[PDB]
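Below, chains carry the letters A, B, ... as their sequence lines are ordered, and counting in each starts from 1. Read the numbers this way: they start at 1 and go in the same order the structure lists the ligands and their atoms. Just so it is clear, the values below take in all heavy atoms, side chains as well, and ignore hydrogens, waters and symmetry mates. Only a slice of the deposited entry appears, and the contacts counted are all within that slice.
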Amino acid sequence: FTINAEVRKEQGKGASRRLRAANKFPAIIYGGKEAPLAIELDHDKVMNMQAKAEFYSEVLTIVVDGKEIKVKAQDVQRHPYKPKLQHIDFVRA
Amino acid sequence: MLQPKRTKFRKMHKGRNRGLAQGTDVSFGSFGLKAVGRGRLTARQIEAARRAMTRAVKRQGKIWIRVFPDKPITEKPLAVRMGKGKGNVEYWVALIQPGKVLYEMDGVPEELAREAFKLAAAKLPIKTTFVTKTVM
Amino acid sequence: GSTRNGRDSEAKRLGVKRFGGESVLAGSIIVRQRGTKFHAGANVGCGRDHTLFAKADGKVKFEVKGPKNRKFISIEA
RNA sequence: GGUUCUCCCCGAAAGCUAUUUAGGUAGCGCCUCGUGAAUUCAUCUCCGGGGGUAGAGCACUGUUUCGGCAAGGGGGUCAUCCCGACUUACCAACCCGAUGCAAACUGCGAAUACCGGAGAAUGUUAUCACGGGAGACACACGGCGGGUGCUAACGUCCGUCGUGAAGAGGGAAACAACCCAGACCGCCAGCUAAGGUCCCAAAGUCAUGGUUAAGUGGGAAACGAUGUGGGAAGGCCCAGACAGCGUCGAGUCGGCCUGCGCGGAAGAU
RNA sequence: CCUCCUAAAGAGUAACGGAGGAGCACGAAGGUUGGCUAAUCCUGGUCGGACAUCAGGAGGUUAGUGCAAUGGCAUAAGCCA
RNA sequence: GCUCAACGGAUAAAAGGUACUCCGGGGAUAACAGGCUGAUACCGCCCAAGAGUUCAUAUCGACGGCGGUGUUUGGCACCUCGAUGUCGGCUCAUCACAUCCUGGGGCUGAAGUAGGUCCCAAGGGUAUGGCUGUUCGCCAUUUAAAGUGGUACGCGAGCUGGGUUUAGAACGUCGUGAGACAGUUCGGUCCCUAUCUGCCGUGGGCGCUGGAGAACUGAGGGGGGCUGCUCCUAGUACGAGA
RNA sequence: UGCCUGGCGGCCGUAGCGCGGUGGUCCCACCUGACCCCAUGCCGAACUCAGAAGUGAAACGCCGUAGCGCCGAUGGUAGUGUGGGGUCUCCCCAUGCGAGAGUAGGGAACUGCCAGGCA
Ligand SMILES: C=C[C@]1(C)C[C@@H](OC(=O)CS[C@H]2C[C@H]3CC[C@@H](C2)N3C)[C@]2(C)[C@H](C)CC[C@]3(CCC(=O)[C@H]32)[C@@H](C)[C@@H]1O
Ligand SMILES: [K+]
Ligand SMILES: [K+]
Ligand SMILES: [K+]
Ligand SMILES: [K+]
Ligand SMILES: [K+]
Ligand SMILES: [K+]
Ligand SMILES: [K+]
Ligand SMILES: [K+]
Ligand SMILES: [K+]
Ligand SMILES: [K+]
Ligand SMILES: [K+]
Ligand SMILES: [K+]
Ligand SMILES: [K+]
Ligand SMILES: [K+]
Ligand SMILES: [K+]
Ligand SMILES: [K+]
Ligand SMILES: [K+]
Ligand SMILES: [K+]
Ligand SMILES: [K+]
Ligand SMILES: [K+]
Ligand SMILES: [Mg+2]
Ligand SMILES: [Mg+2]
Ligand SMILES: [Mg+2]
Ligand SMILES: [Mg+2]
Ligand SMILES: [Mg+2]
Ligand SMILES: [Mg+2]
Ligand SMILES: [Mg+2]
Ligand SMILES: [Mg+2]
Ligand SMILES: [Mg+2]
Ligand SMILES: [Mg+2]
Ligand SMILES: [Mg+2]
Ligand SMILES: [Mg+2]
Ligand SMILES: [Mg+2]
Ligand SMILES: [Mg+2]
Ligand SMILES: [Mg+2]
Ligand SMILES: [Mg+2]
Ligand SMILES: [Mg+2]
Ligand SMILES: [Mg+2]
Ligand SMILES: [Mg+2]
Ligand SMILES: [Mg+2]
Ligand SMILES: [Mg+2]
Ligand SMILES: [Mg+2]
Ligand SMILES: [Mg+2]
Ligand SMILES: [Mg+2]
Ligand SMILES: [Mg+2]
Ligand SMILES: [Mg+2]
Ligand SMILES: [Mg+2]
Ligand SMILES: [Mg+2]
Ligand SMILES: [Mg+2]
Ligand SMILES: [Mg+2]
Ligand SMILES: [Mg+2]
Ligand SMILES: [Mg+2]
Ligand SMILES: [Mg+2]
Ligand SMILES: [Mg+2]
Ligand SMILES: [Mg+2]
Ligand SMILES: [Mg+2]
Ligand SMILES: [Mg+2]
Ligand SMILES: [Mg+2]
Ligand SMILES: [Mg+2]
Ligand SMILES: [Mg+2]
Ligand SMILES: [Mg+2]
Ligand SMILES: [Mg+2]
Ligand SMILES: [Mg+2]
Ligand SMILES: [Mg+2]
Ligand SMILES: [Mg+2]
Ligand SMILES: [Mg+2]
Ligand SMILES: [Mg+2]
Ligand SMILES: [Mg+2]
């Protein structure tokens, strides 16, 4: 799986709700000894691929800033009732 | 129908029912019936819905009830005035928030789970949705 | 008809009277409490009803201290 | 119940406490007048504080479901002097792992608020004390947090803010309490607020892009439905799909999310 | 009159709101000095059993507090002299 | 030295009745009606366990769910206590439609006849008596049918006054008693000459463009709109017959 | 100046448990006896005293080791002050504040004074 992503400019509740009100959602890449990277993801693209059970098991590549970050899906915050993703934690493999 | 075997106190403040649910994942079975709406589920409603889905599966698979009606609801008798103390406990409710998985089911096909939960949902005062166990 | 409740005691006006950094005269009550929610530190006495009071003129200082992480009140004189 | 001329300045309360008190009254709170005194007070920023609410959580107090483990305990043969041994539609504590719930749960814990300190700016001293004079102690609605009630009431009882009360003007058809806004007087000047700009009726029959066909707009839910718009993704398809009768030559199928509509929808001049 | 909750994390805060208590006790159950540490369960043990006392261990206040509840309490405010 | 416990403690020292009543007040506060509300009530609807030989959905609808009405029982105490006359009847109504009859129609577990159920429909129509103050109800006998509600539970400045609710009296019952009972019993004053609105009738004035006498047109308004039975069609269709 | 031990503090779990080592010269511990001082609601167990043959067994200290306890970001979520809005039992928007839980990860404390042993 290859996910395209942008570095989030703005963080916090207001920024994050604005992302999701435009069919994106925040995510975080952390782990290793590099600083956490806060990213924004296209919602429908990721929701489609996380339907597959392979998404959560296999290593994924986040193309953020044109750079390939290999990651595993660590945690997902789902929307309480709707079939949507609020947030994903990625750990640098 | 479900009711606490004991409680510390007989009567409970009305309270409010704000927020989203805890227990939003199918944690036990394969399939779940999730609350989309907010409200009260009475013990009678929980039972009615349980009997519906149970009869649909023809006593096959396994059913979990994730919600428990632990909130006593009082009522005043007819033709009594206001005040003179809090009314008597008449029934028990579970407070439901959006996202609350109400029932779960395992050991049936999805098709039959969807039908069983559709029959159960018609007994409930809250809008529900079918959900499946997620890998994460 | 009737109810068996309808009783309550007078509110006791407990709690902190002088907060951190407040300048007090000796004798000033810092906290009224039931038991030692706060403990007497330096230049603070503990009365018979667990009232903490200043034994010196100075500034109230709250501190967490010791192996149980208990709250002490002191006066920095 | 009624209380008679005029103008100017300020301007409440409908609370607490007590009361043979509850529509009365007293002290205090709030008003006024006077006198006197500190950057005295307020806002903001920064600093020092305590907190156990919201939220959360489940170690505790309780409650709760599932699974595992199983001390024991019923239900019953074979045995039966004393015993034992298999055995359960079985009912099962503790402990372990999962899941929730709590005003009177808390191994967590905000925002705010409050207390104190410091510093500017600003404010008719806005502060405190003392003294002369009161009035008031039926509140109402609205917002927010709650108890009660049916998260019924233009209900009731608290907290807190706003307005009415004691406040005109503009808006909400009309409409104390909502929205805008605080009327010293005069003007046949101008700009705006809320709210509006087709006619009644002041101002766009304004511009651009969409949606709706229900007069929806301009009352009503579960639920029902090839209404219609948008988005993402599939199944099958010129190795001929889908429908109709191998033929037939182009798409077809029904879930998902979403916008706006439709039915559901019966009342008395 | 007391305690808790309602009570909106300072104080205070209503209802014929939700729950309980008081109208005492004690010359020690007060003072001080010195000392001490609980429940509960497991294993073993005359009578003795589910539970008496004894011994060891687990446990760590889940006890205790003259009497409600809350807050306290090991330096104990608990227990003994 | 105080259960002065009604606990800021009127006195050292204190219970009741009033329908024989009275005054000052209050819509600050109840009874009626209105209002707000809609728990309850009534009426719809959703799901479909099941009943219905078989068959959920002809008919019915368990467990539960969602509404509508304002419509019962209530809640509240907003209007009225310097008075908003009350149950029932009589007289006269008027509207709604959730339709009782008559009209139209779908489904039927509708052969016919006759039903059941649902939809449309408010034009008109929609009992008399016995008992009881009754409304209601039961009963008798009609009817095509004897609708359900709203209208201050329509209507006392229209009538009645049997009921409720003054003063008299008695019974049962309670009370030592005065007296009392949403127990019973017998008796027991119902005022108003209509100003305004409204309504039914009926004139006067002026207008309508010179005046006058007639006949009209018809904007618009009102009235009316019910229905039985018999016979024929035909003992036909239908039916094993009945 | 290093290493070890004792005492007294700071600090109050990143510091506590468990589990595997390990130390006796000194120190510490157990230890050895008790007419004594003092002691046991009985008991030299403890407390106390007189001691130094023995052992680090226990304890204690030290070291190692994540199976726990503990600590713990980032991001998101919840809540919320102010202003505004909706379909107003509940939410949403702007702005400010922003948890709890969980995740990555951290983690087998660190440190002052004095005394003694050893090097
Ligand atoms: C006197 C008042 C009356 C005529 C009657 C009254 O009824 C009552 O008050 C019942 S008590 C009864 C009334 C009269 C006077 C004394 C005696 C007791 N009885 C003969 C009655 C039915 C209501 C209950 C209260 C309101 C009333 C207005 C409308 C109504 O229905 C009336 C009052 C305002 C009316 O004036
Ligand atoms: K003080
Ligand atoms: K006063
Ligand atoms: K004054
Ligand atoms: K308020
Ligand atoms: K004002
Ligand atoms: K319209
Ligand atoms: K003593
Ligand atoms: K009194
Ligand atoms: K008297
Ligand atoms: K309906
Ligand atoms: K059938
Ligand atoms: K009256
Ligand atoms: K009528
Ligand atoms: K029919
Ligand atoms: K009709
Ligand atoms: K009336
Ligand atoms: K009458
Ligand atoms: K009249
Ligand atoms: K008359
Ligand atoms: K008039
Ligand atoms: Mg925000
Ligand atoms: Mg209290
Ligand atoms: Mg401490
Ligand atoms: Mg003024
Ligand atoms: Mg008195
Ligand atoms: Mg909470
Ligand atoms: Mg008063
Ligand atoms: Mg008052
Ligand atoms: Mg008030
Ligand atoms: Mg409120
Ligand atoms: Mg009110
Ligand atoms: Mg209200
Ligand atoms: Mg007034
Ligand atoms: Mg005004
Ligand atoms: Mg106005
Ligand atoms: Mg106007
Ligand atoms: Mg202008
Ligand atoms: Mg105009
Ligand atoms: Mg135009
Ligand atoms: Mg409309
Ligand atoms: Mg609709
Ligand atoms: Mg408080
Ligand atoms: Mg507060
Ligand atoms: Mg107050
Ligand atoms: Mg003592
Ligand atoms: Mg008193
Ligand atoms: Mg009078
Ligand atoms: Mg009133
Ligand atoms: Mg009334
Ligand atoms: Mg009523
Ligand atoms: Mg009131
Ligand atoms: Mg009225
Ligand atoms: Mg009058
Ligand atoms: Mg109709
Ligand atoms: Mg008509
Ligand atoms: Mg006609
Ligand atoms: Mg009759
Ligand atoms: Mg009437
Ligand atoms: Mg009528
Ligand atoms: Mg008359
Ligand atoms: Mg009349
Ligand atoms: Mg009479
Ligand atoms: Mg008499
Ligand atoms: Mg007519
Ligand atoms: Mg010894
Ligand atoms: Mg050893
Ligand atoms: Mg955190
Ligand atoms: Mg260790």
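According to the PDB, the drug at ligand 1 is retapamulin. Of the chains in this structure, the chief binding partner of retapamulin (ligand 1) is, as the PDB entry puts it, 23S rRNA. Other chains contributing a heavy atom less than 4.0 Å from an atom of retapamulin (ligand 1): F.
For retapamulin (ligand 1), the residues with any heavy atom closer than 4.0 Å are F:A31, F:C32, F:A83, F:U84, F:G85, F:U86, F:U165. The model ties retapamulin (ligand 1) to no chain through a covalent bond. Source organism of RNA chain F, per the entry: Escherichia coli BW25113.
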